[PDB]
Every structure is written in structure tokens, then in C-alpha cells.
**Student:** 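Sharing a structure with you now.
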2 protein chains.
Amino acid sequence: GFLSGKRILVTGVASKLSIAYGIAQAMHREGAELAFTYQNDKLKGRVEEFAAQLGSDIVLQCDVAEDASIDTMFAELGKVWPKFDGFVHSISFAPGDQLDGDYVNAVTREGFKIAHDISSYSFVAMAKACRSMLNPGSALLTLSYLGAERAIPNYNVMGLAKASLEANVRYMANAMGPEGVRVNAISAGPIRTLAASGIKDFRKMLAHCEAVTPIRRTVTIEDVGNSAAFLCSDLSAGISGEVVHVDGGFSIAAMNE
Amino acid sequence: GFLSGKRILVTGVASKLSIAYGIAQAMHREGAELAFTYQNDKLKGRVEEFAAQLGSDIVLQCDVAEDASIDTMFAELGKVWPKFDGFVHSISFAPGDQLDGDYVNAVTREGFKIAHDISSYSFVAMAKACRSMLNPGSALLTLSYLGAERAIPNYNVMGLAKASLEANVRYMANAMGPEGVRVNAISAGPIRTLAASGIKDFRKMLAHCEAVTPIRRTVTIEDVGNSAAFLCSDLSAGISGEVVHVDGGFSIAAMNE
Ligand SMILES: NC(=O)c1ccc[n+]([C@@H]2O[C@H](COP(=O)([O-])OP(=O)(O)OC[C@H]3O[C@@H](n4cnc5c(N)ncnc54)[C@H](O)[C@@H]3O)[C@@H](O)[C@H]2O)c1
Ligand SMILES: NC(=O)c1ccc[n+]([C@@H]2O[C@H](COP(=O)([O-])OP(=O)(O)OC[C@H]3O[C@@H](n4cnc5c(N)ncnc54)[C@H](O)[C@@H]3O)[C@@H](O)[C@H]2O)c1
Ligand SMILES: Oc1cc(Cl)ccc1Oc1ccc(Cl)cc1Cl
Ligand SMILES: Oc1cc(Cl)ccc1Oc1ccc(Cl)cc1Cl
């Protein structure tokens, strides 16, 4: 596999429907050694379950809200992987009330802070903590969404956090490049997952992003997975600070009936 | 002037070097009635003087770091301007220990939060507090910077803040558009302002631009004011959710020597 010999930390796996699960699955297939993290005691068991299916016995607890949680996690990974080759950041959050109805009315100072902290700061918080642990040629990857570029209904505050995320990607990519680290993000299209139920009326939202989509179908965790495996391999050595769209061309088209 | 019969609130005036000053100066020239706010009593004095020169005796204390502060200000203003037509958002801040050196190294959860809070959320918080006081045809304007589209040295976390700011302009314009409110932004080039001297090596980044810029000179507060005046008048009734570059064309060039 074009990923053999690589050691990648995968986060955000919560179910077989999780985009991260599709990513881990595709990387394992390409020969990568994986390491997983779970947010809390509620998810641990299931993460270990999937971790086992992928020949991995490295399951660490990690809540990006707590800097100390992040330092303890990496201080632990360091006991088996003194050095690894990057990680996948697949984490987002915002209280439900932030994603419903008018944006100006729903958004609050508190909701704003949580969405940006958990969805955009955590990405660099993790890079800072494991900086010296990364081998040259390592790659860091995160997941964004079209709402960062266009204003989408009900997505509201997340759109601003995602915009911030993509900017984070470019600043991280620029600062860490001389060390041999690349940073990119995949801006995936609508995919029915667990949290995907958060946005109001998402069932009919994915139906819209099908007929108007160039390839005439929404993407799967497999599609994002293959692209994520590519962006974290040595085959994409010339790509850094890029936001590649994996939405079947949905964004590059307009008024498709 | 093309702004006659308009009540506009102007924030950010800390000195005649302030971009906000260039903006108020041009609007007043166009016959627009202005209102003014100040961060702390340490500035109340100057602001009252400048306000008097522009035929305005409305100077309120407003600190966007506080919900109540924004509430009180719009309460006080409501006494004189039960209804007005928009405001100019010229506010940004991040602790110095965030604007100097490697981004991944300088950035802190605290620094990230404050930046995004004061420089991006403040813009939509102000719109929540005065949403009902806006006349149809109202216009809201904020100031951004190229750092939100590209990784620029030392600008660090502010870049993420400014990116958050621009998506904010898009979501606001899409939410308030049906009420008759337009939301835009100006992305200004480097200007020697009162806070400009705060960025690591600025007078150096200023000399560079005025050499690689198409119009072969950096912009002035008047250039920004004039575009600001236009973006808030009915003369641009067709623009909304747009980020117009007022930097002499710097962003659209590359490799000039
Ligand atoms: N589902 C989509 O259609 C879609 C589209 C574009 C981008 N994304 C992004 O993909 C990523 C994953 O989302 P998903 O669709 O796989 O949903 P998901 O529910 O399968 O996984 C989300 C994960 O976030 C984790 N998480 C939330 N808060 C956390 C915290 N404080 N600390 C550690 N982990 C935390 C969850 O525990 C969970 O694993 C997100 O960035 C998301 O926004 C999803
Ligand atoms: N100077 C530039 O080259 C440049 C380029 C692009 C954009 N901008 C933007 O222009 C805007 C104004 O910056 P400036 O160059 O005129 O500097 P400035 O020092 O003249 O004004 C900055 C203002 O921010 C206000 N402010 C800070 N925190 C505040 C708070 N908590 N509550 C209320 N007001 C607060 C200050 O009091 C001050 O008036 C910013 O958004 C800035 O980023 C500046
Ligand atoms: O970013 C996303 C984009 C889409 Cl189209 C669908 C789901 C997404 O993911 C989330 C949305 C809201 C919350 Cl609270 C948490 C997550 Cl993981
Ligand atoms: O955004 C800016 C861009 C440039 Cl080129 C010069 C000055 C700028 O403005 C600021 C930068 C940092 C802080 Cl703390 C506050 C402000 Cl007002």
C-alpha cells in the first residue's frame, strides 16, 4: 500500500457511519499503522472494537476542549510511537440551538466561542502538542464544509468556524512546512452520519445535493477515505495548505435545474 | 452628498490615524449624519473633539467585549435615533503575544478566543442589539485584511479571526437581506494606523507593498473612506455579502521585480 510504514493518529470515530471510520478503513487498507482516540467513556468500548478490526491496540482518551487532556494523550502515544507521521482531525461541535432558524437570532457569544474553540482551535492545539514528535514528511488533515465559503441555512455559526478552520490550515501549513510537515483539509459534501442529524431538515438537504450534483450522487465515507489516504501519503508531497473539494463537483456548478 | 438623509454609527475612532476616521470624514462630507462610540474613558476626550468637528454631539461608551455594554449603547442611542441606517465596524484585537513569531508556537487557546470574539463575533452581536432599529435600505460595513485569504507572517491568529469575519459578513447578508439590510466588508491594504505599529515588522511590510502593488503606492484612509461611504449609500443597493479589495490591486499580483 502507498501508506505502508506510516503511523497515523485517527480521531473522531464514533460509529461505522463516521467519516473518520471511512478514513481509518481506507488507510489501513493501504498499509498504515493506526492509533485511535475516543472523546469519553461512552465511546471507548466502540472505539476499541473498531481499533481491533484494524489491527490496532492503541486507544487513547482525548477531549480537545481540555489542553491537559491533549497533553496527556500525546504523552501516552509517546510510549509506543516516539514519532509518528501526522494525524487526522475529524472533530466539530456547537450546541444544537446554534444550528436552527435565523443565523443572527440563533448565534450567541457562548455558542460562537464553543464552535470556534472545538471546531477550529483544536486542530492547531494538537499540532502544537505533538510538534516535535512528527517525522519529516508527516501530514496533518482536517475536514471542512462548503458552509465556510458560502452562507448555508441552519449551518450558521459552524460556517464561520469552518472558515476559520481553513485559514488555520493555511497558517499551519505555512509555519510547519520548513520542518517537513504538510497540512491540508478535505471539504466534503453532505454525508449522512450521526451528528449530521443536527442541522435542521438535513434529510431533504442531501436529496438536493444529488440531482444538482455533477456526478449525480453524493459522496460516501469511502470517497472521502480514499482522498484522505492520498493526502496523508508521500504521493501528495507537493500539496500543502490546500482545501480539496470532495463533493462530486457540487460547488463548481450553478443553477443545475 | 449621496449619503444625505442617513444616520450612521461609526466605531473604532481612536485617533485621526484611525481608518474609522477616514470613513466618518468621507460620510460626513457626503451629508450623512454620524454618531460615535468609544472603547474606554481614556479615549472619550478625543472622540468628543472629532465628533464636534463632524457636526455630531452623540458620543457613547461601547465595549464590544460586553453584551450589556452593547445593549446600553443602543439604548442610549435609541433616545436620539429611534431608527438609523447602519453602522461601520472598525474593531479588532488580539494580545500582542499572538502577533509575533511562528504561528503554531504563539497561538494559545486564550489568544484564539479573544481574537475571534472581539474581531469577528462583535460584528454580529452589534447587529443583534440593533436589528429592530434598522430602516429598510440600511447597510452594515466591516473591515477585513488579506490575511484571511492567505497565510501572512506574524498576522497569525488574527488571520483566522478575519476569515471568521468574512464568512460572518456572508451569513449576515443572507439572513438580514430580506429585511432590507445589506452587509459588506472592505479588505484594506496596509495603512500606518494607531494599531498598525502593533504588528511585528509593519513599516517594513508597508514599504514592500507600495512597490509590488499595481497602482505603485499603498492606500490611504481617504481611499478606504470613499469606498466605505459608497458601500453604505443606496448607490450600491446591488452589492451585499461582498468583500471588496481596497488595496491598490496587491492581492491580484505576484512575483514583481
Ligand atoms: N457529515 C458530513 O456530511 C460532513 C460534511 C463536511 C464535513 N464534516 C466534518 O467531518 C467531521 C466529522 O464529522 P462526522 O460527519 O464524521 O460526524 P461524527 O458524529 O461521526 O464524528 C464527530 C466526532 O466529533 C467528535 N467530537 C466532538 N466534540 C469533541 C471533543 N470536544 N473532543 C474530541 N472529539 C469530539 C465526536 O466525538 C465524534 O467522534 C467534522 O469535522 C465534520 O464537520 C462532515
Ligand atoms: N491598519 C491596517 O493596515 C488595516 C488593514 C486592514 C484592516 N484593518 C482593520 O481596520 C480596523 C481598524 O483598525 P485600525 O487600523 O483603524 O486601528 P485603530 O487603532 O485606529 O482602531 C482600532 C480600534 O479598535 C477599537 N477597539 C479595540 N477593542 C475594542 C473593544 N473591545 N471595543 C470597542 N472598540 C475596540 C479600538 O478602540 C480602536 O478604535 C480593524 O478591523 C483592522 O483590522 C486595518
Ligand atoms: O460539518 C458538517 C457539515 C454537514 Cl453538511 C453535515 C454534518 C457536519 O458535521 C457537524 C455539524 C454540526 C455539529 Cl454540532 C457537529 C458536526 Cl460533526
Ligand atoms: O488587521 C490589521 C492588518 C494590518 Cl496589515 C495592520 C493592522 C491591522 O489591525 C490590527 C492588528 C492587530 C491588532 Cl491586536 C489590532 C488591529 Cl486594529
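A, B, ... follow the sequence lines: proteins, then strands. Residue 1 opens every chain. Whatever order the structure lists ligands and atoms in, that order sets their numbers, starting from 1.
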**Student:** Give the PDB name of the drug at ligand 4.
**Tutor:**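 The name is triclosan.
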**Student:** So, counting contacts under 4.5 Å, which chain has the most with triclosan (ligand 4)? Name it the way UniProt does.
**Tutor:**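 It is most in contact with Enoyl-[acyl-carrier-protein] reductase [NADH] FabI.
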**Student:** Under a 4.0 Å cut-off, which other chains come into heavy-atom contact with triclosan (ligand 4)?
**Tutor:**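 Chains with a heavy atom that close: B.
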**Student:** Which of the atoms of triclosan (ligand 4) are close to B:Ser92, meaning less than 4.0 Å from one of its heavy atoms?
**Tutor:**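 Those atoms are 15 (C), 16 (C), 17 (Cl).
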**Student:** At less than 4.0 angstrom from any non-hydrogen atom of B:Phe202, what atoms of triclosan (ligand 4) do you find?
**Tutor:**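 The atoms of triclosan (ligand 4) under 4.0 Å from a heavy atom of B:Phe202 are 5 (Cl), 6 (C).
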**Student:** Considering the heavy atoms of B:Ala195, write down every atom of triclosan (ligand 4) situated less than 4.0 Å from one of them.
**Tutor:**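 Heavy-atom distances to B:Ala195 below 4.0 Å select 16 (C), 17 (Cl).
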**Student:** Which of the numbered atoms in triclosan (ligand 4) are under 4.0 angstrom from any heavy atom belonging to B:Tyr145?
**Tutor:**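 Result: 3 (C), 5 (Cl).
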**Student:** Which species does the entry list for chain B?
**Tutor:**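 The entry lists the source of chain B as Escherichia coli.
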**Student:** Using a strict cut-off of 4.0 Å, indicate which atoms of triclosan (ligand 4) neighbour a heavy atom of B:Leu99.
**Tutor:**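 Answer for triclosan (ligand 4): 12 (C), 14 (Cl).
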**Student:** Check each atom of triclosan (ligand 4) against the heavy atoms of B:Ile199 and keep those under 4.0 Å away; list them by number with element.
**Tutor:**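 Heavy-atom distances to B:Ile199 below 4.0 Å select 11 (C), 12 (C).
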**Student:** Which chain residue and atom does the covalent tether of triclosan (ligand 4) reach, if any?
**Tutor:**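 Modeled covalent link: none.
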**Student:** Going by the order shown, which atoms of triclosan (ligand 4) are within less than 4.0 Å of some heavy atom of B:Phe93?
**Tutor:**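 Triclosan (ligand 4) atoms under the 4.0 Å threshold to B:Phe93: 14 (Cl).
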**Student:** Starting from atom 7 (C) of triclosan (ligand 4), what is the nearest protein heavy atom, named by residue and atom, and what distance separates them?
**Tutor:**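 Sorting protein heavy atoms by distance from atom 7 (C) of triclosan (ligand 4) puts B:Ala196 CA, 3.9 Å first.
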**Student:** Which bit of B:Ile91 is near triclosan (ligand 4), meaning a heavy atom under 4.0 Å away: side chain, backbone, both or neither?
**Tutor:**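 None of B:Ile91 does.
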**Student:** Within the protein, is there a heavy atom lying under 4.0 Å from atom 3 (C) of triclosan (ligand 4)?
**Tutor:**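 When distances to the protein are checked, atom 3 (C) of triclosan (ligand 4) has a heavy atom within 4.0 Å.
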**Student:** In this structure, does triclosan (ligand 4) have an atom that sits under 4.0 Å from one of the heavy atoms of B:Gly198?
**Tutor:**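 Distance cut 4.0 Å: B:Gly198 fails for triclosan (ligand 4).
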**Student:** Can you find a protein heavy atom under 4.0 Å from atom 10 (C) of triclosan (ligand 4)?
**Tutor:**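 Under 4.0 Å from atom 10 (C) of triclosan (ligand 4), zero protein heavy atoms found.
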**Student:** In the protein, which heavy atom is nearest to atom 1 (O) of triclosan (ligand 4), and how far is it?
**Tutor:**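 Heavy-atom neighbour on the protein nearest atom 1 (O) of triclosan (ligand 4): B:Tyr155 OH, 2.9 Å.
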**Student:** Please give the N or O to N or O pairs under 3.5 Å between triclosan (ligand 4) and the protein, distances rounded to 0.1 Å.
**Tutor:**
{"unit_1": "triclosan (ligand 4)", "atom_1": "1 (O)", "unit_2": "B:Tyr155", "atom_2": "OH", "d": "2.9"}

